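Structure (with dinaciclib).
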Amino acid sequence: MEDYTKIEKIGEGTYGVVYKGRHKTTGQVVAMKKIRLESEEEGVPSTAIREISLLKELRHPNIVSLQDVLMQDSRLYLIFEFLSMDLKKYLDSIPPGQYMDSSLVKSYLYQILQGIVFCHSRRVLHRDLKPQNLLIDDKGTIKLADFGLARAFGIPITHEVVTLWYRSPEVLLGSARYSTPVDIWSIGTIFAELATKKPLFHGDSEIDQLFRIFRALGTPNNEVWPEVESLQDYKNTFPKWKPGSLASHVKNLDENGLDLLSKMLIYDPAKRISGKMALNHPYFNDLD
Amino acid sequence: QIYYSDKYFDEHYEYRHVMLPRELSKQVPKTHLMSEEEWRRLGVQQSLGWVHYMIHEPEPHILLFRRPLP
Ligand SMILES: CCc1cnn2c(NCc3ccc[n+](O)c3)cc(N3CCCC[C@H]3CCO)nc12
């Protein structure tokens, strides 16, 4: 669109390149996300652009607002509010020996849950939440980016090891369906990483990721997770670890923190805590 | 080239896995578990007693090995 000028490239994300940009009229600094659309079959439109319309209306303090959508043929720019930093890069920048203040952890988790609860209540999932996707301003606000886009684009069908660390066991074991609980799982893993500065489950592959999870939470079976032994990629030759062990991977977290974390990481997706319930958890009683 | 994970452990076995590059994995005829002779043809080098015990079907290029503890 002639209404914007690309200043510079700020990185590569799941959907491609993101530019820093400036709205010509208003001097509004923006983030512009280029998404390469396939040329499409005559008579057969995608429902991407309609799902995009929906997302364009969502406004909430803890989500990154999609301000505009610029179409070309076979190309699409998504315009967002710009933000000073991402959470991946911020955690890298904390010097070794320093941690994140435990009250900023709490604050960030809280806000992250507010964003997700807002999305979940509108039946919008993220599915690939990760520190790269969480953006901060210098005043204490944290926001979710890329909410809803996986449904918008994304197919029933690389080198994104990074992406595997926040992935749920229901997905990794090849369950037919997933729902909102995959985002609470992600949030679980990210909570640990806020506290410790490092990934809770640092897998090199899908199987290794599963193994890293089983090691900390115990290898599941029908008793702990009903009907898990029927999922396609469950094998009863997995290593046999016992229920963990999870508190040993996490430092800088008290009794309440550990409680909320273990509810975010329950195996059975039907019993894992919900976003609404997590916001009422006593871990947050001493927040504001 | 070939990648070797760190060892990890059960109460009963020790385990590792090994990641074949896309050229080398693409060649293997065998769809199922392999004997020590077979996985030695491929260039996997481990001590003796390592058993190919399972396949994670979503990642067939990953070979999962176990070996009992004392
Ligand atoms: C929603 C678009 C948006 C808005 N701000 N922002 C930021 N701002 C922080 C930043 C990073 C580096 C340099 N500077 O100056 C600022 C980063 C970022 N991403 C970081 C990784 C590359 C893709 C992408 C992830 C998915 O949003 N995306 C965005």
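Chain identifiers are assigned alphabetically (A, B, ...) following the order of the sequence lines, protein sequences preceding nucleic acid strands; residue numbering begins at 1 within each chain. All ligand and atom numbering here is 1-based and tracks the order in the structure. All heavy atoms count here, side chains included; hydrogens, waters and symmetry mates do not.
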Inset, instruction - Supply the name from the PDB entry of whichever chain has more contacts with dinaciclib (ligand 1) than any other. - result: Cyclin-dependent kinase 1
Inset, instruction - State which other chains have a non-hydrogen atom nearer than 4.0 Å to dinaciclib (ligand 1). - result: A
Legend entry - Majority UniProt domain at dinaciclib (ligand 1) interface, chain A: Protein kinase
Inset, instruction - Please provide the UniProt active-site residue in chain A nearest to dinaciclib (ligand 1) and the shortest heavy-atom distance, rounded to 1 Å. - result: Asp128(A), 9 Å
Legend entry - Winner among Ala31(A), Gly11(A), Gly16(A) once heavy atoms are compared against atom 4 (C) of dinaciclib (ligand 1): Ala31(A)
Inset, instruction - Can you pull out the closest protein heavy atom to atom 11 (C) of dinaciclib (ligand 1)? Residue, atom name and distance to 0.1 Å, please. - result: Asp86(A) OD2, 3.9 Å
Inset, instruction - Using a heavy-atom cut-off of 4.0 Å, list the UniProt ATP-binding residues in chain A near dinaciclib (ligand 1). - result: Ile10(A), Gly11(A), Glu12(A), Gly13(A), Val18(A), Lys33(A)
Legend entry - Min heavy-atom dist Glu81(A) to dinaciclib (ligand 1) below 4.0 Å: yes
Legend entry - Residue portion contacting dinaciclib (ligand 1) (non-hydrogen atoms closer than 4.0 Å) for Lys33(A): side chain
Inset, instruction - Define the binding site of dinaciclib (ligand 1) at 4.0 Å using heavy atoms, by chain and number. - result: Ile10(A), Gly11(A), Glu12(A), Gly13(A), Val18(A), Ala31(A), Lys33(A), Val64(A), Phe80(A), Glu81(A), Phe82(A), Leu83(A), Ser84(A), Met85(A), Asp86(A), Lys89(A), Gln132(A), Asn133(A), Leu135(A), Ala145(A), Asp146(A)
Below 3.5 Å only, please: the N or O atoms of dinaciclib (ligand 1) paired with protein N or O atoms, distance on each line.
{"unit_1": "dinaciclib (ligand 1)", "atom_1": "5 (N)", "unit_2": "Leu83(A)", "atom_2": "N", "d": "3.4"}
{"unit_1": "dinaciclib (ligand 1)", "atom_1": "8 (N)", "unit_2": "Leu83(A)", "atom_2": "O", "d": "2.8"}
{"unit_1": "dinaciclib (ligand 1)", "atom_1": "27 (O)", "unit_2": "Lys33(A)", "atom_2": "NZ", "d": "3.2"}

